[PDB]
Amino acid sequence: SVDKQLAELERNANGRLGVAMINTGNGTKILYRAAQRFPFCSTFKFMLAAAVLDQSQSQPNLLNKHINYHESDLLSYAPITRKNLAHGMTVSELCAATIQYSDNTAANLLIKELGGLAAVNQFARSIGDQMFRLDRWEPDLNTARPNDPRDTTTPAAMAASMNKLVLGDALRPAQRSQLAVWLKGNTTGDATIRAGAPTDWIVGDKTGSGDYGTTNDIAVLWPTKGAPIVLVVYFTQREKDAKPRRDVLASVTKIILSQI
Ligand SMILES: *C(=O)[C@@H]([C@@H]1N=C(C(=O)O)[C@@H](S[C@@H]2CN[C@H](C(=O)N(C)C)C2)[C@@H]1C)[C@@H](C)O
């Protein structure tokens with residue numbers, strides 16, 4: 001029983017947890033509050049990177065476009081764009097730094113490139129994600145305030161989106177392969193989904209955190225045995241200044257993967 005382990009974990013943690021798992025092997029799913037909205041935090045950047053890859057399908061030079069951004073574009077959390085300030089970065093490098101370091105300048109630059117917040121939402125709509133809603137730019141989208149639907153999705157919608165994009169036919173093969181490569185090279189995810197997964201598996205993920213101790217992580221897991229698995233874990237807590245609970249996500253992963 002996942003449900004009772006999950007509820008116990010959630011009650012002990014004093015948060016709300018949302019979980020969707022899809023096993024693309026047999027098509028089983030494990031759902032917990034899967035249809036409830038949660039602040040997506042940096043997990044949006046997954047959907048952002050996918051949208052950029054979608055436009056690159058029309059525009060063969062898009063990923064190679066060199067972006068000479070300036071000092072003014074730099075945000076508080078931007079280690080990789082800060083690193084490359086002098087020389088600029090390609091759109092492709094911007095997507096990698098957004099996914100793998102969650103760089104906020106790289107994200108905001110890619111939204112500009114797509115032509116605004118609404119372009120990401122319209123992309124989400126094009127793939128059948130009806131729950132995804134991006135309302136603000138980085139980093140204002142991480143306030144994660146109680147009962148604020150801004151900058152939110154559902155675990156189920158996000159899992160279905162990751163499924164279609166990484167493991168499905170929503171993108172052309174070069175694009176979707178690039179999307180999985182970016183994810184596999186994520187550097188921020190060691191303590192969350194990765195830490196609860198068998199040490200011989202490969203995990204591609206995008207993390208997220210914000211106020212109210214919001215702690216999120218979305219992943220494709222490549223097992224040693226069968227087909228890939230999509231896991232989306234969202235978690236949020238009572239108080240604004242809650243510390244993130246990366247251990248809760250690793251625990252969920254332990255709980256979920258045991259079942260399969
Ligand atoms: C989005 O989630 C944020 C950027 N992506 C992050 C991530 O995936 O780790 C963050 S948070 C990082 C870990 N916790 C610290 C923190 O600032 N929070 C607890 C809020 C640093 C990275 C800044 C960003 C847009 O909020």
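Residues take their numbers from the sequence shown, with the count starting at 1. Recorded method for this deposit: X-ray crystallography, 2.0 Å. Counting convention: from 1, in listed order, for ligands and their atoms alike. FYI, side chains are in, hydrogens and waters are out, and symmetry mates aren't considered; it's all heavy atoms of this structure.
- The molecule at ligand 1 is the drug named meropenem (bound form).
- Of the chains near meropenem (bound form), the one making the most contacts is recorded in the PDB entry as Beta-lactamase.
- The residues of other chains having a heavy atom under 4.0 Å from meropenem (bound form) are listed as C41, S42, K45, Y77, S102, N104, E138, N142, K206, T207, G208, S209, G210, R246.
- Ranking the protein heavy atoms by distance from atom 9 (O) of meropenem (bound form) puts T207 OG1, 3.7 Å first.
- Atoms of meropenem (bound form) lying under 4.0 Å from at least one heavy atom of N104, given by number and element, are 24 (C), 25 (C).
- Under a 4.0 Å criterion applied to the non-hydrogen atoms of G208, meropenem (bound form) contributes the atoms 2 (O), 8 (O).
- Closest protein heavy atom to atom 19 (C) of meropenem (bound form): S209 OG, 3.3 Å.
- Of all atoms in meropenem (bound form), numbered sequentially from 1 with element shown, those under 4.0 Å from a heavy atom of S42 are 1 (C), 2 (O), 3 (C), 4 (C), 5 (N), 6 (C), 24 (C), 25 (C).
- Source organism of chain A in the entry: Yersinia enterocolitica.
- Under the 4.0 Å distance rule, the nearest protein heavy atom to atom 17 (O) of meropenem (bound form) falls outside the cut-off.
- Backbone and side-chain nitrogen or oxygen atoms of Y77 are examined, and none is located within less than 3.5 angstrom of a nitrogen or oxygen of meropenem (bound form).
- With ligand atoms numbered from 1 in the order given, meropenem (bound form) contributes 13 (C), 14 (N) to contacts under 4.0 Å with heavy atoms of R246.
- Protein heavy atom nearest atom 25 (C) of meropenem (bound form), with residue, atom name and distance: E138 OE1, 2.3 Å.
- Taking the UniProt substrate-binding residues of chain A and keeping those with a non-hydrogen atom under 4.0 Å from meropenem (bound form) leaves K206, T207, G208.
- Each of the atoms 8 (O) of meropenem (bound form) lies under 4.0 Å from some heavy atom of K206.
- In this structure, the UniProt active-site residue of chain A with the shortest heavy-atom distance to meropenem (bound form) (to 1 Å) is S42, 1 Å.
- For atom 6 (C) of meropenem (bound form), the protein comes within 4.0 Å by at least one heavy atom.
- Covalent attachment: meropenem (bound form) to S42 OG.
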